[PDB]
Amino acid sequence: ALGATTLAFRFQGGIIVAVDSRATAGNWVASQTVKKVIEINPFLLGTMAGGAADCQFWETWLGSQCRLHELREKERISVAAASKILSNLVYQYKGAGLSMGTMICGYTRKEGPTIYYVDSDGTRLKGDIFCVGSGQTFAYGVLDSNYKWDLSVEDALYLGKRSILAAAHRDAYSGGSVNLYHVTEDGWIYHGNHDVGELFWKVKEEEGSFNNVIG
Amino acid sequence: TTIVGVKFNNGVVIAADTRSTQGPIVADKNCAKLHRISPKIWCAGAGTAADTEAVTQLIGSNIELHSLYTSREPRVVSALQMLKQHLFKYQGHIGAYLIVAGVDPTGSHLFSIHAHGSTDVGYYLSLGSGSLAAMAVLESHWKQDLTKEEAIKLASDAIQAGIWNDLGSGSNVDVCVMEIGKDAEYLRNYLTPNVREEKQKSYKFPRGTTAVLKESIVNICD
Amino acid sequence: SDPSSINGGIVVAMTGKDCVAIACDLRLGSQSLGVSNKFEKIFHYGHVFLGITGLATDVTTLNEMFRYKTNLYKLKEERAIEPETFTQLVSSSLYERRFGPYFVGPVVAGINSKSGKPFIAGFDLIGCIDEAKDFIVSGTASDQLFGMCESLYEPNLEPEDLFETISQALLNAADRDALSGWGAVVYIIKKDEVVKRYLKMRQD
Amino acid sequence: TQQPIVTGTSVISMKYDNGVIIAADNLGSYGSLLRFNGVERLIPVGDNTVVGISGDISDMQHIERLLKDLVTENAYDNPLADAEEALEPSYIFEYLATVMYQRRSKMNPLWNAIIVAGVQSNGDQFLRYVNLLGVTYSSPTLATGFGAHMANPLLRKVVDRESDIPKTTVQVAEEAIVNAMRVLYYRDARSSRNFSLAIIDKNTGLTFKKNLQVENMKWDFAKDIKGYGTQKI
Amino acid sequence: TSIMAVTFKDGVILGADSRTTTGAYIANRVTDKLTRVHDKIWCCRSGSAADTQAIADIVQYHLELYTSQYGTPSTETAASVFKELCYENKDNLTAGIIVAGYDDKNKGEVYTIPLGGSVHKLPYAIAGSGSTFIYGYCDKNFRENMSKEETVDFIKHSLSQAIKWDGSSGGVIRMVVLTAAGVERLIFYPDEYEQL
Amino acid sequence: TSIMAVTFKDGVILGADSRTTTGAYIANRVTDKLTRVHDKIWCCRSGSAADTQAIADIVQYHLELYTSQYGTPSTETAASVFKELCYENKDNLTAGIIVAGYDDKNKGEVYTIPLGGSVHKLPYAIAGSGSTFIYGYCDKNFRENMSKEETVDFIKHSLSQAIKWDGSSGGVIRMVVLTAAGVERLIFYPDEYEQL
Amino acid sequence: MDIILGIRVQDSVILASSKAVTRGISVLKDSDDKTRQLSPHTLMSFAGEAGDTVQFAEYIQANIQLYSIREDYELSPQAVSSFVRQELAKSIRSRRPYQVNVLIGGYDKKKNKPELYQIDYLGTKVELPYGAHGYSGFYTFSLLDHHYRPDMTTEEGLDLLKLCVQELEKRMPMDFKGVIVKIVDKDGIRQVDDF
Amino acid sequence: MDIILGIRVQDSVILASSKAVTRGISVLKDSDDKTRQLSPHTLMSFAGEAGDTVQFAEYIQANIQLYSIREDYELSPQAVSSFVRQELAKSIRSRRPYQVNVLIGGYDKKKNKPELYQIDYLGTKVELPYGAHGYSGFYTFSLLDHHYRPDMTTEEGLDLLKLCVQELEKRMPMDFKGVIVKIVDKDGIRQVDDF
Amino acid sequence: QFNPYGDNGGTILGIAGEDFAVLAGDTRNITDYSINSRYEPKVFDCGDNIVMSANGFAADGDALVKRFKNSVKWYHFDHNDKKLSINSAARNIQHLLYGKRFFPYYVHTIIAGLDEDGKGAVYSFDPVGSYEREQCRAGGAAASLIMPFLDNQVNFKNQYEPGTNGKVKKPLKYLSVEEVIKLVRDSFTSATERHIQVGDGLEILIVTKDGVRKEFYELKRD
Ligand SMILES: *[C@@](C)(CO)[C@](*)(O)[C@H](CC(C)C)NC(=O)[C@H](Cc1ccccc1)NC(=O)[C@H](CC(C)C)NC(=O)[C@H](CCc1ccccc1)NC(=O)CN1CCOCC1
Ligand SMILES: *[C@@](C)(CO)[C@](*)(O)[C@H](CC(C)C)NC(=O)[C@H](Cc1ccccc1)NC(=O)[C@H](CC(C)C)NC(=O)[C@H](CCc1ccccc1)NC(=O)CN1CCOCC1
Ligand SMILES: *[C@@](C)(CO)[C@](*)(O)[C@H](CC(C)C)NC(=O)[C@H](Cc1ccccc1)NC(=O)[C@H](CC(C)C)NC(=O)[C@H](CCc1ccccc1)NC(=O)CN1CCOCC1
Ligand SMILES: [Cl-]
Ligand SMILES: [Cl-]
Ligand SMILES: [Mg+2]
Ligand SMILES: [Mg+2]
Ligand SMILES: [Mg+2]
């Protein structure tokens with residue numbers, strides 16, 4: 001039962017991944033410092049939406065399976081194969097009550113930047129843009145209107161950061177802070193933690209947006 | 001809640017704790033559960049807080065008008081009868097559990113009333129979530145021919161049993177003594193055995209700690 | 001489908017030395033969706049202040065109702081209503097709807113013009129009065145406010161100090177509640193002057 | 001998933017300076033029917049432990065059998081079975097608590113509330129509770145069912161904390177227990193007048209008292225009570 | 001509850017226990033379930049304490065108003081008023097009442113009123129949760145035209161057994177004797193009746 | 001059902017009615033609820049007819065196998081086998097059984113086994129839906145070390161009342177006498193016991 | 001899911017409302033106007049339970065028109081919105097409540113300012129720069145929150161509105177068959193025929 | 001409501017399948033291919049419960065490909081359809097059944113005839129000239145019943161198919177984001193990129 | 001129907017310092033409105049300078065702690081008496097909890113100790129195994145009361161530097177063990193006042209490189 005805003009999108013320079021940090025137990029805000037990006041390995045990322053434990057446990061388990069693959073095959077695992085290992089696993093547990101909605105993100109030679117939406121009822125979708133969580137609608141709006149394939153890395157990082165902010169503002173169960181990631185062929189790069197409180201006022205002033213809010 | 005009533009030689013005494021809950025939360029640490037129906041007829045209330053206050057005030061109002069109409073001091077049985085008929089009519093939906101006590105020209109009286117409209121007579125009574133803890137004390141220490149000072153002791157000891165052992169009850173002990181031929185004495189916070197200890201630190205903030213966007217003078221005058 | 005937690009919101013009130021303070025957040029939502037950041041929950045009828053949390057339609061309705069009743073009170077009595085009397089009016093009006101109640105958590109705050117004594121009070125949805133020396137809390141973050149107020153509060157605070165204490169109680173409680181926040185307002189009330197300050201808080 | 005049929009009510013106990021006391025009435029109820037009157041719900045294990053059980057009686061008889069079998073098994077290939085390697089209250093308790101939690105985890109509980117009272121080999125008093133959920137706790141006073149609501153308040157007036165234990169004698173502690181059993185007879189609708197009481201002392205050992213009765217009761221004031229309010233006759 | 005009323009040579013005797021319960025908790029151990037609706041017309045109350053009290057209060061009002069206009073009412077008339085209330089409000093009541101009274105013409109009479117609101121005139125009646133355990137005993141031991149002392153022993157022994165087996169019954173045994181002589185209240189304590 | 005077993009000077013006597021019901025319809029008015037599990041160990045059956053028959057058949061099998069290996073079993077042993085079945089299958093059974101037997105050493109013994117599967121050794125036992133109405137009568141009239149004729153009258157009068165008040169009990173009164181002399185079957189018809 | 005949107009700009013109020021009427025698995029109509037003119041400078045759009053919507057809108061319309069005739073005077077948008085709120089506030093505790101959500105767009109001629117009011121079926125009123133009902137807000141508010149400026153023109157407001165409709169048409173599951181757009185300003189109410 | 005259609009004409013089988021994938025109030029994707037090639041001359045489209053659809057389709061695909069390698073021979077559409085039916089017939093009485101409906105379009109090289117099979121999740125097989133699953137049949141069957149002729153060409157079949165999609169886009173409540181069309185004939189399987 | 005879960009109340013608190021860490025918890029055990037024990041410890045020394053508490057349903061809490069203590073014991077056997085790091089213990093506990101994902105332990109778990117750099121560490125778990133390292137964490141009945149207070153006093157949230165127009169935040173800094181215990185004591189006395197399930201006593205376990213020290217403080221018993 002976790003409110004969240006997670007996104008991931010393909011572009012010229014690889015993949016951007018952005019998430020919020022809030023965890024709620026009803027109305028009660030349990031945490032503002034939750035890590036919703038799971039570092040499966042140095043080349044693969046996973047997002048956490050739905051069950052926190054289900055996502056943590058099985059995407060950590062996934063990293064173990066990926067390490068065993070490259071030990072036996074002497075080759076990096078494809079994003080396709082990694083995502084399918086996870087989707088086939090949760091499909092076995094279908095009906096039992098697992099709750100997940102995740103994006104498995106990676107950049108390889110044969111595939112290029114690749115994103116797979118994997119979900120607890122067995123769904124496995126390849127795509128360019130994905131948004132998941134209680135605040136996904138708010139983030140989609142900013143993404144759809146501003147997204148282009150030929151985005152620069154600087155502008156793409158801002159777009160993902162701005163999209164989470166949009167949801168954090170409107171969605172009650174999204175917020176805390178923003179965690180950014182850039183996925184390249186040589187691995188992922190962490191682009192810091194950004195407190196939404198400080199980030200909102202900063203974006204308001206610099207961008208001219210959020211006129212409905214007094215500041 | 002924990003509430004009790006005890007009869008003695010020349011009158012009757014009632015007592016109550018002072019906790020008021022809202023789920024597992026303590027809303028009021030020092031609330032008054034002892035109500036005045038008439039000068040010498042007082043009521044201890046347990047259950048739904050609004051209901052006990054509302055029903056005691058309504059009957060108290062009607063008792064006053066009745067006392068003026070009849071040119072007589074009100075009787076406990078009148079308050080008892082008026083309360084139970086009101087509660088019975090609402091089939092328990094008004095969640096008031098009361099201990100009614102007082103002195104009148106007929107003598108000293110002690111009754112209890114339940115939400116559905118049933119009444120009981122006794123020398124010692126207890127109601128509320130801590131009634132079992134209180135009744136255990138009453139059953140252990142009560143005797144016939146109690147004095148005023150013995151009855152107050154027994155009553156407050158019964159409330160303390162509820163305060164310590166029942167999570168629904170807590171804080172202080174209120175008492176009201178109704179003796180024949182005398183004015184009723186309401187002893188608010190008769191015992192205060194749950195005083196908060198000194199805090200380890202002062203949390204007084206330096207001035208200007210809080211960030212402010214706008215200031216403005218509010219006009220309360222005409 | 002719990003009327004008291006659809007729209008969200010909080011109100012807190014405190015006493016100081018020859019003063020009172022009452023504060024509220026500005027959020028109005030429809031469950032997860034935030035709708036307005038200008039929804040003030042504190043109203044005043046003369047020098048008596050009333051904060052109301054709960055279902056927003058009932059908040060608006062009750063304000064209009066007590067404005068109605070206090071205006072008629074003043075015309076007949078030829079004087080403004082006092083906090084102690086207003087508290088009883090609120091209780092009466094709510095219990096009148098005992099078996100079809102307004103889903104609200106009101107809070108009264110003010111200073112008696114005759115005696116000069118600071119006064120605060122709280123109610124449940126059917127009119128039970130909760131009078132207090134120290135503080136009153138209400139709303140979806142009432143648990144959080146109870147924890148802040150019980151530790152931060154001390155008696156006989158000066159208006160300027162009292163302002164900081166109530167503001168910090170509200171802000172940190174609101175940040176641990178999803179349905180509260182999006183702005184805040186604090187009223188500092190002295191015998192013959194009232195200051196209203198808008199706080200800067202995180203907007204998530 | 002069960003439902004209890006034949007049941008036993010409160011079991012009460014407390015610590016005193018040299019040992020522990022435990023008591024329970026001799027009734028086996030069948031709903032509102034007070035069906036069986038010769039039921040012993042205190043079961044000694046060795047000469048240093050007494051297990052008091054409330055709840056379902058068929059499940060109680062099962063536990064009796066387990067404890068009896070536990071003594072037999074401990075004696076196997078054990079020359080010090082009546083000495084250093086004899087059964088301790090802490091051993092007996094942990095065994096039961098293990099069983100109770102395993103049974104709740106299989107959704108097939110033993111519908112009981114148990115108090116294990118005894119004295120350890122080093123003289124320390126042992127008093128601990130366990131129930132159908134596998135929940136465990138210890139305290140200077142322990143009670144089950146109605147006893148938790150009515151007896152504990154009375155026993156805690158004697159021993160309110162740990163420091164009050166050396167100050168409490170066996171005479172005073174026994175008096176409080178017997179008084180508590182009377183109060184339960186006044187106020188528990190599934191209780192009986194007849195009961196058993198057991199004392200485990202570090203010096204005088206195990207004293208098991210059967211066929212006790214509640215006495216010195218107050219009923220006389222009932223004659224003065226007439227009607228339910230207005231009635232004078 | 002355990003309650004009963006028994007007719008005999010000189011009149012009628014009502015009998016009852018003194019226990020009031022809330023689940024398994026005894027809310028009152030010295031309850032008075034024998035209640036006066038008229039000088040020599042009394043009733044035994046079983047079921048809801050609230051319902052039976054409300055009913056008895058109304059009946060007492062009706063019979064007081066009857067007496068002001070038409071003089072002393074019959075025991076049959078009293079039972080009819082009880083019935084009318086219990087029958088017409090059967091959906092909202094839980095009350096098992098035994099009506100007992102003494103006339104000079106009709107002598108001792110007993111009417112029982114179960115849940116439905118039906119009326120049954122009997123030589124003796126038993127009711128309440130504890131009555132189930134003494135149907136056999138009471139049927140075997142009841143005789144018509146017993147003496148006062150015999151009738152007291154019959155009620156005492158009967159309610160003694162009812163109390164022994166029924167957890168919902170206990171405390172003291174109250175009795176009310178209705179004869180031409182007047183109205184006599186009796187009480188019997190545990191130490192006496194338990195060891196019968 | 002109404003069933004009972006009573007110990008006396010020379011041994012033990014089992015007693016039962018003969019009614020079997022499906023709702024309010026009497027499926028069998030001449031049922032035999034007294035059943036043999038061993039030469040001088042019998043049982044009274046109450047509850048589900050299917051369950052009690054299945055149980056008794058298994059116990060008879062266990063005691064027949066016991067006898068082949070270890071000789072004649074005790075009445076306590078028989079009660080233990082019944083208990084084991086009733087306790088371990090308590091979720092799927094509705095059986096209230098009274099076990100009664102005669103040893104030469106232990107004489108007459110009675111064990112009752114309620115729904116839960118608990119065991120209770122008693123001087124006498126009563127069970128079944130109709131037993132509720134005779135708890136008072138049986139408690140007042142039972143004595144230890146009665147004669148055969150006294151015990152027969154006690155059971156006859158007791159079950160007579162149980163049948164009179166319980167709609168789920170009726171027909172004939174069957175009895176089985178267990179002594180050193182042997183096994184004697186008795187029967188008593190309505191015209192006799194009804195007018196007691 | 002009847003999509004109704006509202007945007008208040010510098011000098012006007014713009015209301016956009018979906019054209020589809022669906023019943024079961026069939027789109028019965030694709031040209032439905034989900035609005036009523038309450039007065040020359042006040043417009044109300046609506047969405048909610050079938051039947052209740054039109055019945056409520058026309059009932060309000062009749063009451064406001066009655067007021068206009070009686071006083072020979074147009075009620076302010078604020079006054080109309082308060083009247084509408086009170087009717088819904090009564091309704092929610094009735095035997096069968098009106099399950100209708102509304103937006104009220106009006107131009108106040110005394111203040112020379114446009115005004116947009118959002119009122120849900122419970123009687124929850126708020127004045128806003130931009131508003132929506134149902135799931136519509138979940139998509140558009142992020143866009144409006146970003147691109148909305150308080151000093152925009154009517155033409156800039158229509159472009160901002162087009163951006164919202166495009167986003168809804170992309171991400172919403174149901175086909176709502178486009179929108180009818182209407183503008184409220186100092187000169188009254190008019191419809192944009194080509195959208 | 002994942003639209004899947006099928007039309008058997010003179011010399012080919014045409015399958016049309018919707019592109020939308022919806023989850024809650026969001027269209028997650030608008031370019032989804034709801035089909036798998038079982039063999040060079042056999043194509044299966046599918047629709048139903050999320051996860052189950054793809055898992056089932058790929059499982060069938062693997063089994064048919066295994067058969068092809070083992071025997072160095074392509075199974076007939078009739079044989080493949082029977083195998084698929086039996087798997088669903090087993091499934092329906094399992095602990096957790098596959099909730100998947102399929103159309104199987106194939107060209108039989110021995111008979112030189114196109115063949116279309118409709119199989120629902122219960123294992124209910126029928127050979128048809130035209131077929132559909134879900135609510136799709138409720139709109140299109142009347143059109144197909146009318147304009148369908150057995151001697152039509154592939155181009156005539158595509159025009160007939162366009163007519164069905166237009167009717168669905170007009171009357172269906174949900175936006176299914178168009179269709180991917182594929183043709184199965186003597187030369188194998190190919191996709192129509194512009195539809 | 002049989003309900004295998006229960007609520008034994010209580011509340012716990014873990015704070016992490018620079019070179020130390022504390023794990024506190026009240027000693028009260030309850031069921032409904034009754035008190036089972038005024039002193040029933042639920043914070044345990046598990047070895048290897050790891051302290052642990054599992055609050056909620058006591059039976060599940062005792063089982064988990066017992067299993068983890070056992071896990072530590074076998075880690076030594078299988079890995080040549082290697083010291084179990086706090087991060088390794090956390091991951092191990094995740095697997096214990098998730099092993100019962102479809103019949104959970106109804107507990108909120110918190111562990112405290114020192115990381116491999118010697119700095120204070122606190123980890124918190126949900127009932128099914130999700131975990132996170134944190135500076136500050138309250139768990140249990142009164143977590144909602146305590147936690148926002150810690151946010152304000154430990155992490156200095158919503159506090160800005162005086163005179164800076166709310167532009168410059170108050171700087172984060174490590175607190176002393178003495179200052180931390182003050183906050184813990186004040187946190188629990190406040191929670192005791194307003195939560196009925198909190199009281200009786202407070203037991204704190206402090207963890208430094210030197211070892212594990214204990215401190216006990218009385219709380220209100222009402
Ligand atoms: C002991 C302390 C507890 O048994 C006593 O019995 C006291 C009696 C004194 C105070 C007169 N009882 C209570 O304090 C009583 C306990 C209780 C709670 C709920 C139902 C029945 C009894 N508490 C109350 O009545 C509080 C009083 C507040 C603290 C001023 N009221 C509530 O808890 C109300 C319940 C109102 C109610 C409505 C309809 C039927 C029954 C009760 N609950 C809320 O306000 C909760 N919620 C908050 C958000 O707004 C919507 C309601
Ligand atoms: C024997 C006990 C049974 O036949 C007697 O008949 C006596 C009659 C005397 C007192 C005249 N009956 C009772 O004592 C009677 C038993 C009973 C209970 C419920 C329904 C019918 C009969 N007890 C009561 O009426 C008590 C008296 C109070 C404690 C002073 N009242 C309750 O138990 C109320 C009754 C509410 C009610 C329910 C259905 C119909 C009418 C009224 N119940 C509660 O308070 C609920 N209680 C809350 C605590 O948890 C357990 C349930
Ligand atoms: C007295 C009657 C009650 O204590 C005795 O105990 C005897 C015991 C003798 C026969 C050993 N009991 C019965 O006669 C017994 C009563 C009974 C009924 C249901 C459950 C438990 C006890 N009657 C039966 O067992 C009959 C015997 C048949 C007619 C030969 N069986 C039924 O009534 C079956 C039982 C099904 C069942 C239900 C629950 C648990 C176990 C078995 N029921 C039906 O046929 C249903 N019937 C259909 C027609 O409409 C009414 C219901
Ligand atoms: Cl009564
Ligand atoms: Cl049979
Ligand atoms: Mg937010
Ligand atoms: Mg019969
Ligand atoms: Mg207490």
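Chain letters run A, B, ... following the sequence lines, proteins first and then strands; every chain starts at 1. Hydrogens, waters and symmetry mates are skipped; everything else that's a heavy atom, side chains included, is used. The structure shown is a partial extract from the entry, and contact counts are restricted to the extract. Order of listing sets the numbers, starting from 1, for every ligand and every atom in it.
- Drug identified at ligand 1: carfilzomib (bound form).
- Looking only at contacts, the largest set of contacts to carfilzomib (bound form, ligand 1) comes from what UniProt names Proteasome subunit beta type-2.
- Counting only heavy atoms under 4.0 Å, the other chains near carfilzomib (bound form, ligand 1) are B, C.
- The covalent attachment site of carfilzomib (bound form, ligand 1) is B/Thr1 OG1.
- Per UniProt, the active-site residue of chain B found nearest to carfilzomib (bound form, ligand 1) (heavy-atom distance, rounded to 1 Å) is B/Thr1, 1 Å.
- In the deposited entry, the molecule designated chain C bears the name Proteasome subunit beta type-3.
- Measured on heavy atoms with a 4.0 Å cut-off, the binding site of carfilzomib (bound form, ligand 1) is B/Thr1, B/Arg19, B/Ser20, B/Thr21, B/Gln22, B/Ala27, B/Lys33, B/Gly45, B/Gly47, B/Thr48, B/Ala49, B/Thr52, B/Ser129, B/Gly168, C/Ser4, C/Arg98, C/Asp124, C/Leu125, C/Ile126, C/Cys128.
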